[PDB]
Amino acid sequence: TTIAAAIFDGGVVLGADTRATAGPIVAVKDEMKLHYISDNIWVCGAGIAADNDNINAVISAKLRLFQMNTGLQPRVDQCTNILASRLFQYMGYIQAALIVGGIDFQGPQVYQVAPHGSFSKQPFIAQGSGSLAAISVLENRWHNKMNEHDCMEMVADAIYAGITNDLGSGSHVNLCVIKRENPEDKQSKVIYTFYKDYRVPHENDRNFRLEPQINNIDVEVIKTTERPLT
Amino acid sequence: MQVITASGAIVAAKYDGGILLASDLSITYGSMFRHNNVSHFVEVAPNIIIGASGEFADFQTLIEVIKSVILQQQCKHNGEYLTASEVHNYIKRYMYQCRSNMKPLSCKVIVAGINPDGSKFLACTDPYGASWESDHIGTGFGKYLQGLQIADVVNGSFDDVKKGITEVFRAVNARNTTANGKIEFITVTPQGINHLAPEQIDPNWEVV
Amino acid sequence: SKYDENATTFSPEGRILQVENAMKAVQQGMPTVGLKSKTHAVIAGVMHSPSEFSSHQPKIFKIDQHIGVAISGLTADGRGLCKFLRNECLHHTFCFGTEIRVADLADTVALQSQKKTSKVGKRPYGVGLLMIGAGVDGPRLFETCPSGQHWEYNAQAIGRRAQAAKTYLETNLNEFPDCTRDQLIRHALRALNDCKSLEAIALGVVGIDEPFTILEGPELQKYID
Amino acid sequence: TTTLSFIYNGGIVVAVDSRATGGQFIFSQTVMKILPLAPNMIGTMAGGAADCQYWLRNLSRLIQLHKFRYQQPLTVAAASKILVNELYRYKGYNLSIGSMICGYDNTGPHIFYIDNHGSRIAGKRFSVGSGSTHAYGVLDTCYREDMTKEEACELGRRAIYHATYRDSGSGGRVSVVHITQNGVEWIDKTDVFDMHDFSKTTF
Amino acid sequence: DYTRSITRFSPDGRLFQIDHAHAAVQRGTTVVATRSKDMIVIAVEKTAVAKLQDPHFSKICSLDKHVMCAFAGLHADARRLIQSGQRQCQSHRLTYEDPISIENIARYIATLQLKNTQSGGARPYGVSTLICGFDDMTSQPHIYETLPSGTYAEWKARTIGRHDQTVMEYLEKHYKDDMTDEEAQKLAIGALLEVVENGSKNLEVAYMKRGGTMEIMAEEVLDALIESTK
Amino acid sequence: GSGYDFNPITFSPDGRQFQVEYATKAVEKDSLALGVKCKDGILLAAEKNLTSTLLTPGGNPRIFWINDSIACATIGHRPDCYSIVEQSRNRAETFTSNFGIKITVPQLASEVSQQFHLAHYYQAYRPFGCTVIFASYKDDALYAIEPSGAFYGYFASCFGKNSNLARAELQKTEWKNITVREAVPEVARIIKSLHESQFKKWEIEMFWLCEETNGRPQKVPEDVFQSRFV
Amino acid sequence: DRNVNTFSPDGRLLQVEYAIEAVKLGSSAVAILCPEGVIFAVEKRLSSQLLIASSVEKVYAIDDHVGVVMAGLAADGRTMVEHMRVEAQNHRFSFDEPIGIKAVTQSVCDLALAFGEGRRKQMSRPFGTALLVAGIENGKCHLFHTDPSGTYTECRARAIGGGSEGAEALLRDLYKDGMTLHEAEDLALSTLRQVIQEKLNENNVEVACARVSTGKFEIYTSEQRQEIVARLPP
Amino acid sequence: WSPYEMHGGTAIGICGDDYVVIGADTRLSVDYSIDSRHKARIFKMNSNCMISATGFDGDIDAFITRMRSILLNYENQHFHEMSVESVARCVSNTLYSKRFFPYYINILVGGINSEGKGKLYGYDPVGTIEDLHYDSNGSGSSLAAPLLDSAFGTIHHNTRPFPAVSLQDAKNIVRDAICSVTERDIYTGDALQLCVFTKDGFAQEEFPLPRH
Amino acid sequence: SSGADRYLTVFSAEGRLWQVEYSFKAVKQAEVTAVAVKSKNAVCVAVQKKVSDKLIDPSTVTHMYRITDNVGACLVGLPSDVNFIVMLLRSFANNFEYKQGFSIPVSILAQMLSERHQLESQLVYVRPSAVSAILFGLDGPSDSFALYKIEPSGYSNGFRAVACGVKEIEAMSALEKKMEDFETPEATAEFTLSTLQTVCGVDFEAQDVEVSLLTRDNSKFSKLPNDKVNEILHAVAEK
Ligand SMILES: *C(=O)[C@]1([C@@H](O)[C@@H]2C=CCCC2)NC(=O)[C@@H]2CCO[C@@]21C
C-alpha cells in the first residue's frame with residue numbers, strides 16, 4: 001500500500017494506490033483505500049484492509065452523527081483524536097495506519113494516525129509499504145502554499161513511486177482533493193473531488209492476452225437443475 | 001517485577017539513640033546516574049522514616065499509599081500518627097498484596113521508626129512481601145557489601161554505628177555501579193527525624 | 001405518624017421517625033450499663049430470659065482482645081453488628097497488625113447505621129451498643145445509636161429501667177476514674193441492681209493491659225458485696 | 001502412588017500404598033490414600049495428594065449434605081458423578097486426582113475411576129498411580145471372583161506390595177479396606193517391608 | 001433490579017399473597033393424583049370449547065421419564081414451574097446420573113414456589129403442583145403436593161384446583177390401602193367425575209407404571225373405565 | 001401540608017424541597033457551631049449541650065479532622081454529620097490518589113456538596129440533615145455546606161440553634177484583624193451569651209488551624225481555653 | 001410503614017412480629033432437655049388420612065448430632081433447615097468436627113433477619129418459622145430456640161407453635177433439671193397432647209431425640225412413638 | 001515472574017504422647033543472602049496449637065495472618081478456641097483455597113487435642129494434610145527426615161507402634177537434627193526456635209546455631 | 001400508580017410535567033436575575049450578585065462559572081443544583097475534550113445539559129435540576145459568539161439575548177423590545193447591565209452584579225473585575 005496526503009495552499013490532496021494483496025498475490029487491482037469520513041474529511045488508510053475500512057466507516061458514522069446532532073462541521077483534529085483514541089484503546093491490533101486529510105476552520109490539515117494510536121499533524125504524509133518511495137517524492141516536491149494542480153501531481157507521483165518501487169503497491173492512483181468551493185473565500189463550503197484512477201500507468205497494464213484462449217479442460221456435468229429466481 | 005529508575009543501597013542500623021539510615025541521594029536509570037539529591041527515604045511520620053532500594057517509581061507509589069493510609073488514620077485519631085510497627089505492617093501487607101496480584105513493587109522497603117513506647121523499630125519488606133524486623137538491615141548492595149561492619153557495632157554508640165555504616169557505604173561506593181554521590185545519613189530518634197549533612201564516603205583510592 | 005414511613009424520610013420537625021422507632025427499640029432492651037475508669041472499662045447487663053427454662057440470652061460480646069460490646073435491642077441486629085465489628089477488628093489487625101481503637105469501631109458502626117438510615121430499603125439497626133475498649137487511646141466507652149451516631153461516655157445506661165442506672169452513674173461519676181477493676185465491676189453491678197425487676201447479669205471488663213473478658217453468673221458473686 | 005480396588009463375589013477390596021514422594025525424596029510412608037465418603041463408600045487418593053484429599057473430603061461433605069437433605073443416601077454412581085463434575089469444572093487448572101470411588105449402594109458394589117480430567121469409568125477392577133501397572137499385573141493374573149475375604153484382601157495387599165517393590169513412587173504400608181453391603185471395613189495396614197520374601201533371590 | 005417484597009406478613013401472621021395464590025389455584029381445573037403399589041394415575045378435568053379448540057393443551061406434564069407432573073392454577077406460572085422442573089431433572093441427571101428422586105424434584109418445585117414467596121419483586125406461583133413418579137432408590141411410588149406457599153407433602157391420593165374439597169372427600173371415602181393399578185385408576189377417575197358432568201370428552205387421564213414413562217390414557221380406555229366406575 | 005414533603009427529589013408547587021427544608025430544620029435544632037477566619041488561622045467552635053453529665057469531658061467531637069490541613073465543624077444530625085465527615089475524608093483521599101496534592105476546602109466543599117445534592121437529587125437517598133463548615137488556614141478557606149448542598153465561603157460562618165443571633169454577633173468583629181488566640185475569648189463570649197440556660201452542663205469544643213499549629217487541625221488546648229463549663 | 005424493614009413507634013420490627021404471629025399459627029412442638037438427651041415432640045397436623053405423615057415431617061436432622069423442629073411456615077422452615085444442613089456439613093468440612101449446636105443456631109439466626117426490600121438485587125420477608133435447634137456437642141445435649149426475630153436462646157425446655165404459651169405454662173411446674181430421658185419423653189408428649197386439639201397418636205406426632213449416649217440426633221420411629229404414648233397417664 | 005522467594009529454613013516437628021516439639025531455624029535467607037538472622041517461623045495460633053511455616057516468608061506471614069483471622073473468627077462464631085485437629089483441617093482448607101496460587105510454605109500444626117494427646121500435622125504447599133508422629137519441612141527436610149527415621153524407626157517399620165519418646169528426649173532429637181541440618185543446609189542456621197506444646201501450654205526456647 | 005404525576009416527573013392527566021414546572025419555580029427561588037446579550041463582537045452576561053449576609057465571602061457567592069476557558073455559564077437556580085450543574089457541565093466539557101480532542105462548543109454543551117435535564121424529566125428517580133443555564137462563549141469553528149439557555153425542562157435554545165431568574169419574563173420582554181445589532185462590546189455590556197438594572201428595579205454596583213464580557217479580543221471566559229463593571233454601570237447611568 002501507498003497512501004500519501006499533502007496540504008496545498010487551497011486544501012488537501014490525498015492519494016492512494018489501488019492494490020490489495022492477500023499475501024504475495026494481488027487480490028484486488030481497484031481497491032479503494034481513500035475512505036470518505038465527512039464532506040470535508042477523507043482518510044486514506046494502510047495496514048489491514050478490514051481494519052481500515054471498518055474504522056473509517058465507524059468514525060465517518062461518528063462524525064456524521066456529530067454533524068447531525070450538533071450541526072457542526074467535523075474537525076480534522078477531531079477526527080484524528082477520535083481515530084487515535086480508538087486505535088490506542090485497541091493497542092495497535094486494529095492495523096489501520098491512517099492519513100486523515102481535511103479542511104476545517106483551522107484550514108487544510110493532514111494528520112497521520114499510526115495503528116497504535118500515535119497521531120501527528122504533518123504537511124505531507126506517506127504510509128503503507130510504499131510509504132518511503134512516496135515520501136521521497138513528497139519530501140522533494142512539497143512546499144508551502146503550492147497550488148492544487150502541483151500538489152495533485154506530486155501526490156499522484158508519490159503514489160506512483162510507491163506503486164512501481166513497492167511490490168505491495170500497484171495498479172492505479174486514486175486521488176481525493178479536499179478544497180474550499182471558493183478558494184478566495186476562507187468561509188466557503190469545503191467540497192471534495194475524488195479522482196478515481198487519476199493515474200492509470202500504461203506500462204503497468206495487461207500487455208498480452210491470448211486472443212484465441214487455449215483451453216483443453218472439458219466440463220462433465222454430473223447433475224443440472226434449474227430453479228426460478230423468485 | 002522490573003527495576004528501571006532505581007534507588008541505590010540503603011544501610012540502616014540501630015544505635016543507642018535510635019536508628020541511623022544511610023543511602024546515596026542518587027536515582028540511577030539503568031546504569032546512568034540520572035538524578036541527584038533525591039533522598040531514598042521519605043519521612044512519613046515525625047518518628048517514622050521509610051526508605052527503599054530498587055525501583056524508585058514503586059517506592060513513590062508505596063509512599064503515596066503509606067501517606068494516604070497514615071492520613072486516614074490521622075484524621076480518624078485527630079492527629080495521632082500510625083506507629084512504625086503499624087506502618088511497616090501496612091507496607092508488608094500492601095507489598096504482599098501487590099506480589100499476589102502479580103504486580104510487585106520492585107523495591108526493598110526499610111521502615112525505621114520509634115514506636116510510642118520508645119522501642120526502635122527497623123524492619124524491611126522485600127518486593128515479594130517477605131518482611132522481617134532486625135536491629136540492622138542492608139538493602140541493595142548495602143546488604144551484600146556489609147560483612148560484620150554493622151553487626152559488630154549494631155545497637156552500639158552512634159559513633160560506632162556511624163563508622164560501621166560509613167565503612168559499608170565506602171564499600172558500596174567502591175564496588176557498586178549505581179552508587180553515585182554523597183551518602184545522606186538520617187537519625188530516627190525518639191526526639192524526631194534529623195537529616196545529618198550528606199557525606200562523600202570516598203573509597204581508598206591509593207589502590208592504583 | 002404520616003412521616004413515619006422510611007428511615008429516609010425527614011419529618012417536618014427534622015426528625016427521622018423510623019430512626020426514633022429504632023432508638024425506642026433500643027430503649028426496650030434489657031438494662032445495659034457501661035462505665036469507664038482511667039485504667040479499666042466495664043459493660044454489664046441483665047441478660048434477657050424469654051422463658052423460665054430458657055437460658056439468658058447473651059448480651060456481652062468480645063469484639064477484639066481489648067474490645068467488647070454490650071447489645072441492647074434486637075439481639076439479631078446486635079449479632080450482625082458484632083460480626084461487622086469483628087471484621088473491622090480483623091481488617092485493622094490485618095492492615096496494621098495491632099488492635100483497632102474502640103473509637104474507630106464506634107465510628108465505623110455509626111457510619112454503617114447512618115448508611116442504613118440514609119438509603120431507602122434499609123432499616124436502622126434496632127440495637128444500641130455499649131462498646132468498651134482499651135489501648136493506646138486508653139479505656140473508652142461508646143454508646144452507638146441506631147441513627148448512625150455514637151456518644152462517648154464515662155458511664156451510660158440504655159435499655160429498659162436505665163434511668164435508675166443513669167442516676168446511680170451520675171451519683172458516682174466522679175468516683176469511676178480512680179475506681180479499680182473490682183470497684184468498677186462493683187459499680188456496674190450496683191447500677192444494674194437499681195434496675196432489678198446474679199445469673200442474669202453478664203459483665204465484660206477490659207483494661208489497658210487486661211484483655212476483655214466476660215464474667216457471668218456465679219463468677220460475678222465476688223463483686224456484689 | 002499405587003491404589004487398587006476390585007469387586008469380587010464377596011465385596012470390594014481396596015488396597016493402597018502409603019508413600020508420598022516428589023522427585024526422589026520420600027516425603028511420607030504413612031499417607032492414608034483411602035478416604036471414607038459414606039458408611040459404605042470410600043474414595044481412593046492417587047496423583048496429587050492435596051487435590052485428592054480436599055476433593056474427597058468435599059465429596060464426603062456433599063454426600064452427607066445429600067443424605068440429610070433427602071433420606072435416601074447418595075449412591076456410589078451419584079457420588080462419583082458429583083466428584084467428576086466438580087473436578088471437570090477445574091479442567092486446565094492442572095489438578096491431579098486419581099480416585100476410585102468404591103462403595104456398596106442399593107445397586108450393589110460399584111467402583112468408579114474418577115480423574116481430574118473428568119473421566120468417570122465404572123468397573124470391577126481399577127488401579128491408579130505410578131505403580132498401578134504392577135498392581136494391575138498382579139490383580140489380573142491372580143484375581144478370581146470366588147476368592148474369600150482373606151484371599152481377596154491378600155490379593156490386593158500383594159498387588160500393592162509388588163507395585164511398591166517395582167515402583168519408586170509406591171511404598172509404605174498397604175491399607176486394605178473391604179467394602180460390603182454392611183459397610184466399609186478397614187482390614188489392616190501391612191508394612192510392605194514385612195510382605196517382602198527375603199528367602200527369594202530373584203527380587 | 002425490582003425488589004418490592006410482594007410477599008409480606010400481615011398483622012394476623014398470614015402471607016396474603018399466598019392466600020391469593022391459593023385462590024388462583026382454587027380457580028384452576030381439578031387434578032386428582034392417586035397411586036397403587038406399582039402405578040400412579042393423574043386425572044385433570046378440562047374446560048374447553050370442544051368444537052373450536054384442540055384439547056391437546058394438557059395440565060399433566062412429564063418433568064422426566066420417571067417424574068410426572070400435573071398442576072392447578074395459572075397456566076403460565078405452571079409452565080414456568082414445569083420448565084424449571086424439567087431443567088432440574090436434567091441437571092440432576094447431569095450432576096448425579098441417577099434419576100432425580102420424586103421427593104427431590106417435588107422439593108425443588110416447592111422451593112421454587114417458596115423462593116418466589118421469598119424473593120423480592122417475585123410473585124408467588126399461583127400454582128399448586130402434583131409431582132408424582134417412581135423412585136428406584138426407594139421402590140415406592142410418590143405423589144407430592146407442592147403449594148404456592150412452597151410447602152410440599154406426599155399423599156396417597158391428593159387433589160388440587162377447583163372442587164378440591166369435594167374430590168378430597170371422595171378420595172378419603174373410596175381409598176383402599178393396597179389398591180391395584182386399575183383400582184387406582186378407578187379411584188382417580190371416579191373422584192374427578194364426582195364434580196364433572198362429562199365423560200372422556202372432558203377428562204384427561206395419564207398414568208405412570210412401575211419403571212415406566214408417562215402414558216396418556218386413550219379416549220377409548222378412559223371411557224371404558226368411566227363407565228365401569230359408574 | 002401537601003404530599004410534596006415525603007420524596008426528597010419531589011419539588012413543591014412553590015419550588016421548595018420540603019425534605020431539604022426538614023434536613024435544615026434538623027440542622028437548626030442542633031446546638032450552634034461556628035467558624036471564624038483570623039489573622040493567625042481559622043477557629044472552629046462548636047457548642048456541645050451535654051444531654052447527660054456522664055458524657056466524656058472533651059469527647060463526642062463536633063469538629064473533625066478531614067486532612068492534615070482541613071478541619072470540619074459539624075451542625076445538625078450527628079449521624080449525617082459524621083457521615084459527611086468520613087465522606088469528606090474519603091473525597092480528600094481520592095483527590096490525593098487522582099491528583100497527588102492535598103485537597104483544598106473550596107473544592108473539597110464542592111465535592112462534598114456533590115454528595116449533599118445527590119442525596120436530594122436522586123431518589124433512594126435522604127438529604128443530609130447536617131451543615132459542615134470546612135476550615136483550612138493553609139487554604140485560608142471557611143466553606144460551609146448546607147443540607148441542600150449549597151456551599152459558601154464565609155468570613156464568619158455559623159449554623160444551628162440561635163445561628164442568626166450568632167452570625168449577627170460574629171458580624172460585630174473583624175476577625176481577620178485578630179489572631180486565633182485572641183479570637184477564642186470573643187467566640188466563647190458569643191456562645192456563652194447565646195447559650196441557653198436550660199442546658200446546665202455543656203462544653204465549647206474549639207479547634208483551630210493556625211501557624212501555631214503549623215496549619216494542622218488541633219483542638220484548642222485546655223490551658224489556652226478550658227472548653228468545659230457548668 | 002408499608003415496607004418490610006419498618007419499626008413500629010413501639011420499637012418493634014412489624015414484619016418480625018407478624019412472623020412471630022405466623023409461628024403462633026404453626027403446629028405445636030415441645031423440646032425437653034434432660035442430661036440424657038433433648039427430646040422433640042411435635043404435632044403433625046394431618047388434614048386427611050391420605051396425607052403421608054412422614055412427608056410432613058416437622059423434625060429435620062441437620063447433622064448426625066444436631067436436629068431441628070419447626071413451627072409456623074413449613075417452607076420457611078425448610079429454607080432454614082437447608083441452610084443449617086449446609087452449615088453443618090461446611091463446618092465438618094472446614095474444622096473436621098461436628099458443628100456446635102449454638103454455632104449452627106446462630107448461623108441460621110443470622111440468616112433469619114437478613115430480609116430486605118427496596119434495594120437492587122436476598123429474602124424479602126422474615127422467616128415465618130421458629131426452630132427448636134437441639135443436638136449433642138462435646139458429650140452434652142444443647143437445646144436452642146430460634147424465632148423469626150433472629151434471636152436464639154439456649155433452653156432447658158421450650159415450646160413453639162399454637163400451644164407455645166399454654167405449653168410453657170404447663171411446663172412451669174412439670175419440668176425439672178434432672179429428669180431421665182424416659183421422663184423427658186413422657187413430659188414432652190404429655191405437654192404436646194395437652195396443647196393439641198386432637199388425641200395423641202403415633203401417626204399424628206413426631207418424636208426425635210438428640211441422645212447423648214448415642215451422641216446423635218435420631219428421629220423416633222412409629223414403634224418408639226407408640227412406646228412413649230403408651231406410658232402416658234391418660 | 002515467580003511470586004515466591006523460595007526462602008530456605010528447616011522445621012522439625014515431633015508428636016509425642018502428650019507433647020509436640022516443633023523446632024524451626026529462625027534464619028530467613030535465600031540466594032546466598034540472609035535477609036533476617038532471626039525471623040520466628042513457629043507461631044502460637046491459640047492455646048491448643050502452634051503452626052510452623054517454612055518457605056516464602058511473605059506467604060508464611062500471609063498464611064499465619066489468615067490462620068489467626070480464621071481462628072479468631074472460629075472463637076467468635078463457635079465460642080471456643082479452635083482445636084488442634086480443627087486447626088489442622090482449617091490449615092488444609094486454607095492452603096488449598098490457594099491451590100492455584102499456592103502458599104509456597106510447608107506447615108507443621110502441632111498441638112494438644114481435647115484428649116490431651118499430642119497432634120502433629122504435616123503439610124505441603126498445596127494443602128496436603130497428614131497426621132504424623134514426626135515431620136520435617138523446608139530446605140533441610142531431606143537432611144532432617146532420616147534423622148527422625150533413625151530416632152524412631154517409623155519409616156523403617158511403618159506398622160510398629162511409635163516409640164514412647166519422652167518430651168525432653170524429643171526436644172533433644174529436634175535440637176540435634178536442626179543442628180545437623182544447620183551444619184549441612186546453608187539456609188538453615190542462626191537461631192533455633194524450639195517450641196513445645198503440652199498440657200502446660202506453649203513453651204518456647206531459643207538455642208544458638210552456626211551462623212555461617 | 002395514580003397520584004405520582006405531581007410528585008414524580010411523569011405526565012399529568014392534562015399532560016404536564018408538574019415537577020418540571022416546579023423546578024422552574026425553584027429557579028425563581030434563586031432570588032437573582034441574569035441577563036445575557038449577544039452581539040457580533042461580544043457576548044455580555046450580567047447576573048445580580050445578591051449576598052444576603054455580608055458574613056459570606058462574596059467571591060464564593062457566584063452565579064457565573066468557568067466551564068472551559070472559552071465557555072462560561074451563568075447558572076440561576078438552587079445553589080446546590082447550580083453547583084451540581086457546574087460540575088456536570090465541566091464533566092461534559094472534559095469528556096468532550098477527551099473524546100473529540102477540542103474544547104466543547106457552547107451549542108454542544110447546551111445539548112448535553114438538555115439531555116441531562118431530559119433524563120431528569122423522564123427518569124422518575126431523578127429530580128429535575130432546577131437550574132436555568134445561560135451558556136455563552138466564542139465558537140471557533142464559526143468564530144462567532146454563542147449564547148444558549150437551557151431551562152430545567154431541558155428546553156435549550158440559542159439566543160441573541162436571553163434572561164433567567166425572578167424577572168425572566170420582564171427581562172426577556174425588555175430585551176426583545178430593545179435588542180439591537182450592537183457595533184461595540186461595550187454597547188453590548190451597557191445594554192446587558194441596563195436591562196438587568198431596569199428589570200431588577202434597583203441601582204447596581206459592581207459588588208451587586210457579576211458581569212462577564214467575552215469579546216473577540218478577550219474570548220476566554222472571565223468575570224469582569226469591579227473596575228470594568230463600575231465603568232459599564234456609569235455608562236449605563238449616563239442615559
Ligand atoms: C496495504 O497496506 C495493504 C492493502 O491490502 C490495503 C490495506 C488497507 C487498505 C486496503 C488495501 N495491506 C496489506 O495487508 C497488504 C500488504 C501490502 O500492503 C497491502 C497491499
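Reminder, nothing fancy here: chain letters follow the sequence lines and each chain counts from 1. Looks like electron microscopy, 2.9 Å, at least that's what the header says. Remember, it's 1-based here, ligands and their atoms both numbered in the order they're listed. Part of the entry, not all of it, is on display, and contacts are counted within that displayed part. When reading the values below, keep in mind they use all heavy atoms of this one structure, side chains included, and skip hydrogens, waters and symmetry mates.
The PDB lists the drug found at ligand 1 under the name salinosporamide A (bound form).
Most-contacted chain for salinosporamide A (bound form) in this structure, per the PDB entry: proteasome endopeptidase complex.
Using a 4.0 Å cut-off on heavy atoms, the other chains next to salinosporamide A (bound form) are A. The deposited entry places the covalent bond of salinosporamide A (bound form) on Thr1(A) OG1. The residues lying within 4.0 Å of salinosporamide A (bound form), counted on heavy atoms, are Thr1(A), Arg19(A), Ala20(A), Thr21(A), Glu31(A), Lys33(A), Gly45(A), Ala46(A), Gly47(A), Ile48(A), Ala49(A), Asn52(A), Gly168(A).
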